Each structure stands twice: as C-alpha cells, then as structure tokens.
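Quick notes on the structure that follows.
Quick note on labels: first sequence line is chain A, next is B, and so on, each numbered from 1. Atoms within a ligand are numbered from 1 in the order they appear, just like the ligands themselves. Atom set for the values below is all heavy atoms of this structure, side chains included, hydrogens, waters and symmetry mates excluded.
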Amino acid sequence: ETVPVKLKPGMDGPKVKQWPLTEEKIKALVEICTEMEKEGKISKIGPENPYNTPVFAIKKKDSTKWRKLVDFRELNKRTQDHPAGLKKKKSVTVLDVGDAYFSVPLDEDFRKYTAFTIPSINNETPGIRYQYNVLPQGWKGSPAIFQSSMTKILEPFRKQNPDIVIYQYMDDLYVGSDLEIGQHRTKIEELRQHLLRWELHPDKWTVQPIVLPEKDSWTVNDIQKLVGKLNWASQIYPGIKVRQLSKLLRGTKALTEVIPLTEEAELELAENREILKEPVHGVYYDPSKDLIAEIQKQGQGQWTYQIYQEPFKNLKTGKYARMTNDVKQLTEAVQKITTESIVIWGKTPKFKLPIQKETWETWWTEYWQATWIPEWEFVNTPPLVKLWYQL
Amino acid sequence: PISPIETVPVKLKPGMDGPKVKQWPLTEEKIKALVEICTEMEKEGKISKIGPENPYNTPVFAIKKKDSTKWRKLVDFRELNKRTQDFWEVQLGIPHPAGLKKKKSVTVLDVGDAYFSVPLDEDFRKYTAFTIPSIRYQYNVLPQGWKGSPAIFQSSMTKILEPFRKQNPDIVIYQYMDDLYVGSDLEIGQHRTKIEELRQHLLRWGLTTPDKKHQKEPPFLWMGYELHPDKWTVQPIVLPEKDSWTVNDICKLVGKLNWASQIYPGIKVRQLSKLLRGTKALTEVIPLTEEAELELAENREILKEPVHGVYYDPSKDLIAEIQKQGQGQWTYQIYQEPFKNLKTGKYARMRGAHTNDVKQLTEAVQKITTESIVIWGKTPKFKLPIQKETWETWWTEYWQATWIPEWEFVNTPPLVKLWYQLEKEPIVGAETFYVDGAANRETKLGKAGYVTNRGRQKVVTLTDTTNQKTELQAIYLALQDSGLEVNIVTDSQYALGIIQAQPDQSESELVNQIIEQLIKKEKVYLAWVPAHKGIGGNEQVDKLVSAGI
DNA sequence: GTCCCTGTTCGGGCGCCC
DNA sequence: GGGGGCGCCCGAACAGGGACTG
Ligand SMILES: Nc1ccn([C@@H]2CS[C@H](COP(=O)(O)OP(=O)(O)OP(=O)(O)O)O2)c(=O)n1
Ligand SMILES: [Mg+2]
C-alpha cells in the first residue's frame, strides 16, 4: 500500500523539454526502458499527460553498463516537503542504492508527474513517453518514502559495526570508517553482501586561504593591485586595513615606478597577512537557505571555489587542480564540490557557473558520473574576483 | 474505416465550457464541398448528426489542397483550443534526408484520410459541434483544427507501428504524421513482401494506404525533397522579385533563404534581416539598403547553381568545416568524403552587446554540434579557419570555461583572429593615464577625462550621458591622446569588463571607436583600482571630472 | 532605494513538413 | 479565416549586478 504524496501548494508539475541525445545514450535508454517496462516499473503513456522531465544516461568507468538518469530537479523543487562525524572518517565509500527504490510502488495520483520522453535519432519517430509506477531514482520523495525500510536493512550492520557511519542522500549511500584501506574495503563488501541479501577521504579536504604577494621591490602597479585586493577582502575580513599602503600611492605616478615600503606600510601588510589566517567569523550554516557555490577559472587547470549562503559569509573556500578540456574539468569540479557539500552539510549547492549556457549544455553530460544533479545558473565572472582568489 | 484503437482521454481546462461561437458566411462552392464531405463522413460514422441537446458550436470552412482536386475540411477551433487541456507534444523535430543511410529498397506510403481514421474521446465529442449552413454535426474522429489532433495522431500511429517495428527490427520506418518512408536491405522482391505486410498491419488498425500515394520508384517525394538512390535534392526554391518590399515580404524572403541554406552553401541574411529592425507592422514598406539589395543579389546567384546532398555512411567520419563570412556571419558544410556534402548551413545570431570572432566561432561550433547530434547522434570532427595558437591564446586569457571539440586548422581566409592583445604587465616607457568619468543622473550632464604622470590633464564635458558612458569615454580619450604604448588606470568594473574580453565588434558606436584605437596601438595595459579611496592619482582625476556634477 | 546595462525567455511574424 | 512540429529573426518583458544619493 502506497504513501500519498503531493505537490507544494500552487505548483503544477514539471514541463521541461527533452534535449537531444547521442545514439549511444538512446540505445542504452531504449534497452533499459523496455526491460523496466517488462518488470512493471514504468508504463507507456500518451500526450494527454502534459508533464515532462529530461532523461539521459551515463556509462561508468571502464564498464559496458549504462545508468539511466532522470533529471528530476524541477519535480524535486515542486515536491511537497545529518551525521557530523561523516566528515572526519579517513575513508568514505559511496554506493549506488537506487535499485532498492523499485521495490516500493508509487502513489497513483503522483505517477503522472514523473513522465519522461525518449527521442529518436533524426526524429525517425515521435518521442516515446513513459511514467513511473515505483519510486523513481533521483526523486527526492524516494529516499523519504523508503527511509523506514532502509533503517531496517542497515540496523544489524550498524549495531555490529558501531564505528562505521552510514549516510544516505538520494540514490547514494555514504559509508565512512577509520579502518585501514583493505579492512575498510572488506567492510564495504560486507555491506554490499548484506544489501544483496535483501574512494573519498574527507580528511584531505582543505581550505584555500586568500594569499598576499611577498616580494623585495614593489612598483606602483604592484601596490595598486594589492590595495584593490585588500579592499575587496575587507568585506570578508573586516580586520583588513589599507591606509598606510594607500598613502604610498600619493601623487600621480608611473605604473612601473618602484615604491620603497615604509615601516608602517610594511607593518600593516604584516597584520593583514595574519588577519587572513583566521577563520571567517560569524558564519552559521542555515538549512532553510540554499548553499551557493561560485567557481572561478584560474587557468592552468586550476579552479577556485567558495561556498556560502550570504555574500562574503563563506562556509568553505577551496581549490581544484587538474592535468586540456575546460568544460570537462568544470564538470568534474562541480561534482567534487557537490560531493563535499553532501558530506559536510547533507545538502546540494546551487552553482554559479563561469561558462556560457549553450557551451555547458552542449557537453556537460559527457563528463557526468554522479546519480544526482545540482541546481545551477550561468554567470560571467567579473575578472576582478578571478584576481582575488588567485594562486 | 475507423481504427479500433483505444481513444485518448481528454478534458477541458477546469472551470471552462465548450465554445458557443456562431457559424460564419460561406461561399456556395465551399458549402457543396462540405456537404459532399459531410454526407460521406456521416455515412461512415466519422460524424454524427446532433440536435438541440448540443449548445455548442464552432465555425467551419474549407481550403483546396495541392492535388487541386480535393477539398480539405477545416474547423476554426481557436476558441475550443484555448479551453482544451495541455498536451505534451511528442514530435520533437523534423527528420532530415542527410541523416538517412543508403538503403537497398525504399517505399513512401501516405495514409488515407488519416485523422478521420482515429476515433475521438467519446465524452469530448460534444464540444466539436459544428453547423454546415444551407445540418448540425459533431465529430467522432479527430478534427483538423483542434490542437490535440497532431499529438494524438502521432502517438496513436506510434502505438500502431510498434508491433511491426518489434517484429521487423531491421526495416526502417521514418514516420512523419501520416507519411511513411520505409527502407530495407532486402532485394526488391522480399522488400515488396514486407511492404504488403506493413500495409495489412495498418489496414487491420483501420489505416488505409491508397496506391495513388504509394511511391515505388526513385526519385521519391519525401518531406519537401526528391530522394534519388545516391543523392537528395531540395524541391526548387523560388525567391520573389518585387520592387516594393514589405516587412511581410522581407520576412517571407528570409525564410526561403534560411530554408535554402541547408544545402546551398554561402547564403547570407544579415543585411536583409536588419531591415526588419524597429518596424511597426507587416504592412510596412521598407527600402532595400544598398548592402541589402547587394546581399539579395549574391544569394540570387547562389540559388541559380545546381546542388545536391548525399546520404549518411556510419562507417566514415562526420566532418564539419566552417567559413567566416564577415559581420557575425558563418557558413558550414558537413561531409564525410571531400566535395560531397551531407548538408550545409549558416550561423548568424548576434549574441551580446560586445563580442569577437573567436566567441562567435565557438557559438557556431556549438550550434553545429547540437545539430549533428539530432541528425546523426554524434558529434562531427571540425575543420576551422583558426590557428591552433590563436585558440590557445584565447583559452589562456579568457576567464571563462570554453572548449571546442576535436578540430584541425584549414587555411581558408578570412582566418579568425584576435585583433589586439592587452598586456599582462604594466609597460615601461609608456605614459600612465589615470582616467575617470562622472555624470549627473538628473541633468544627464557629465565629464570624462584623464590625468597622466607626465603632467597632462584634460576634461571633456558631455551631454545626455550616463555614468558608464562617461567611463568608456575617458578610456577613449586616453587612447586618442596617447602614444603607441599606453598604461591606463580605470576604476570601472564596467569598462574593464568589456575591454578585457577583447571585443572586435559592438552594438555601441563608442565601444567600436575604442576598439579601432586598441587595434592601432602597439601595447596597451589596462589596470583597475577601487574608486573614491584616495588612490593617487585616480584621486586627482576624480576631482577634475566630479567638479560641477 | 534609482538608473543603467546586460543577459535570458518568450511570443510574434515568416519558412518548411503533414 | 484552423492545427502541431522544427528553424530564423525581432522586440518586449523581466532578472541581476554595479554606481550613485546624501
Ligand atoms: N494543412 C494541414 C495538412 C495536414 N493536416 C493533418 C495532419 S496530416 C493529416 C492528413 O489528413 P488527410 O488524410 O486528409 O491527408 P491528405 O489530404 O494529405 O491526403 P489524403 O490521404 O488524400 O486525404 O492532416 C492538417 O491539420 N493541416
Ligand atoms: Mg494522407
């Protein structure tokens, strides 16, 4: 018997257009769907169902098996309404427990909101439309409805393994331990056996502090860059000051003129360097608000990011370095940053991506390996903040 | 005959009720066509006579078809359409001959009186009430004019063909409305056997396939094309030849050209498209600018030539090559073997107040990639008129993520290039200009000006300006009054943001003037400083331009 | 706050298909 | 004098960030 589910008040279901898919992905999708249809989990539907949600498919690692991925972000926004110890574990392992959901049927009056459409190559046919009969992978209702059954499956494993932390987020199960790798892995395989029957390291993660140049001669240009940087940074760290450094710039000087640093300007630069090695004071994570992530391209495979909920109130600031394909690296960056957020606060950030919308949409699903998909928006990075978080 | 297919259940939108819109006068000729049609349909159950139980009514007319021998009965359901529920359209796009693979055997079938062979939801029939002026009827089948008719037809058709598709996986059926292209790798005898099986399958579900519209030999007429065995051709495109052109007639002209550009390389519509700018209505007459009438002529010459396209071979590579046509115009040719186009096309969309050729190229590449994926389900390899190192410089100095798929350089001018390059470090022996501008939001008066480290200063008063403008003007002034090498310090994220993205084109005349200057210079270094923080001598020029505003 | 400027969406013509 | 699809171009509406008023 089914758990009634509803939409938030005054919201209609998703009506998002399916985007074009490669031949590979359509073949995988058609193969997957016909068998899901043969198991009763999805049903063919017509066009009188006015709702829709995009689908695609990712193939994993070195495998020859694809995974369907319904982009349920809109439906999740409209669907009716966390272990702190997870972020310490030496190893964290992430398993895909999405298959579990197809054991629970889905509320009849809600099924129509899960509609999706399979495209054909060169539009040989009209789209083929399906809807779900069971808890769909990637819907936010799915882990909720199935939670009670989930607790009951882990219960023996958890009891017998008290120092293993198991966390669930959507289709994912995060499993952390302080075990030696090998004992950890032997444990993970213990749980898969356990589940069948029915690598992360959040230590390594480190903050990327704001940096100040150090050098033996400064030009007017050097100092102008510095004062501008510090002025911005004072919005984050109110203890930054720039009066002495700025009085070295009195007059109308050539950019390449060399300015010897006075005692106090040397001093003030010394404080600032230390005021920067403090934690941002007064930042309290609030679950009623979205995590927001900004990413700036620093070049050379280097990417800087900050996570915050209110301007200049960072929860984390970090770096992502890589080996060249910007769009791939960016897509990888976004997955790593989301991963960290789920592990640290149990939520998914909203991304401000420094890329053109068509550029991103044309390629991001070639590099996507997660079972969830974060909200995002596209923005043109003002070239200034690129300088501020610079290496 | 009417299909024994299950009807598709349909509702009015809530709180709403069927149309009560009154029949309109009708030609004597049309009325006979209608009665002739209606007594036939009525006889066959397609429509049922209704009485005064039926309050509703919607207007009907008729237009003559291509066959120039039969009428098409239409209903202006515009009112019922608004009150009818939403559908999710299942037609996702238009098939293209360039995506067809070579087939040993080919058939094109049309379904006869297709709509009228698919039953309409019984509880919904009442709202389709119509009056044939000198009888009152309702529809029992899909009406031509109702908005649910296409998706319900296309969807019904897909259900009907699915058993056959499953049973015959290696027969290819391109299905556009009621029109079927059937391809097979069978010899003509065995293929004809499968066609008959497909027609019996269709007939069982009430869909007829009249021999009259059954094509058995090349060239096949399909989707506005002629399909020959090793090449396809677009059916001839005839451009108008007026002397007085209206908006409506520019708009119809641009359309045929855009349609044409799928196989005729080189087509351009910038100068024609720009005429449409600002106009009030379709009636309007516009005078062809001299560049417009010139452009029109080139296109005219292009269309006089003989052109065809080929079919797709999946065992070969997809190659796309792009040519710069100037002014944000691009053409491309997609092929697998040299000088045998699969298809062609153009990109000309103006995205952004300010941009440059490398960005525009990147957008063209992205448009082609998405289009290749629709038609062939894969990305092509590119041939682009841009040096590897031009690209590499851009990717190095642009603060955004950008990327072009696998590509190779072709030396076919005009090559895409960066027209100037801001310095990364300040310039020795270059005069340092501290620029600035202020404007009075109420009076709209402003000043732009600079101060230099060599003691020069200059203020220019402006009228009807904006703060951003004055800030761009100050930079233009420093550029105008400086040597071939100049250091400029600004406090404007606005100005700094435009100039640093290296545009070579802009909607803004002032930005264009700036660009012209940036191209003439040997070296420019543009630096930023926070405004109003006493930074000399941003501070000094700030007083000069603030004075009086 | 207001004003300015820039981007996106989206609806309106037209083209083509049925 | 009607419909649905895709495409193209355009302008209108609206969103979001920066600069400014005192
Ligand atoms: N302008 C048009 C053209 C077609 N249609 C719809 C979509 S396709 C369907 C075809 O109906 P018909 O069977 O009357 O097609 P035709 O008249 O093309 O050939 P016949 O088979 O001879 O009857 O009509 C429409 O609403 N408006
Ligand atoms: Mg027909």
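What sits at ligand 1 is the drug lamivudine triphosphate. The chief contact partner of lamivudine triphosphate (ligand 1) in this model is named by the PDB entry as p66 Reverse transcriptase/RNaseH. Other chains with any heavy atom closer than 4.0 Å to lamivudine triphosphate (ligand 1): B, C, D.
When B/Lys213, B/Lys66, B/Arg72 are checked for heavy-atom proximity to atom 2 (C) of lamivudine triphosphate (ligand 1), B/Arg72 turns out nearest.
Besides lamivudine triphosphate (ligand 1), ligands or ions with an atom closer than 4.0 Å to that drug are found; these are ligand 2 (magnesium ion). Of all atoms in lamivudine triphosphate (ligand 1), listed by their number and element, those nearer than 4.0 Å to a heavy atom of B/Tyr115 are 6 (C), 7 (C), 9 (C). Taking each of B/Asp178, B/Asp179, B/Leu142 in turn, the one with a heavy atom nearest to atom 15 (O) of lamivudine triphosphate (ligand 1) proves to be B/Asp178. Covalent status of lamivudine triphosphate (ligand 1): not bonded to any chain.
Only the side chain of B/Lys65 comes within contact range of lamivudine triphosphate (ligand 1), with a heavy atom under 4.0 Å; no backbone atom does.
This deposit refers to DNA chain C as primer DNA.
Counting heavy atoms within 4.0 Å, the binding site of lamivudine triphosphate (ligand 1) comprises B/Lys65, B/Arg72, B/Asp110, B/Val111, B/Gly112, B/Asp113, B/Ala114, B/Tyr115, B/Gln144, B/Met177, B/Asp178, B/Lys213, C/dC18, D/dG2, D/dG3.
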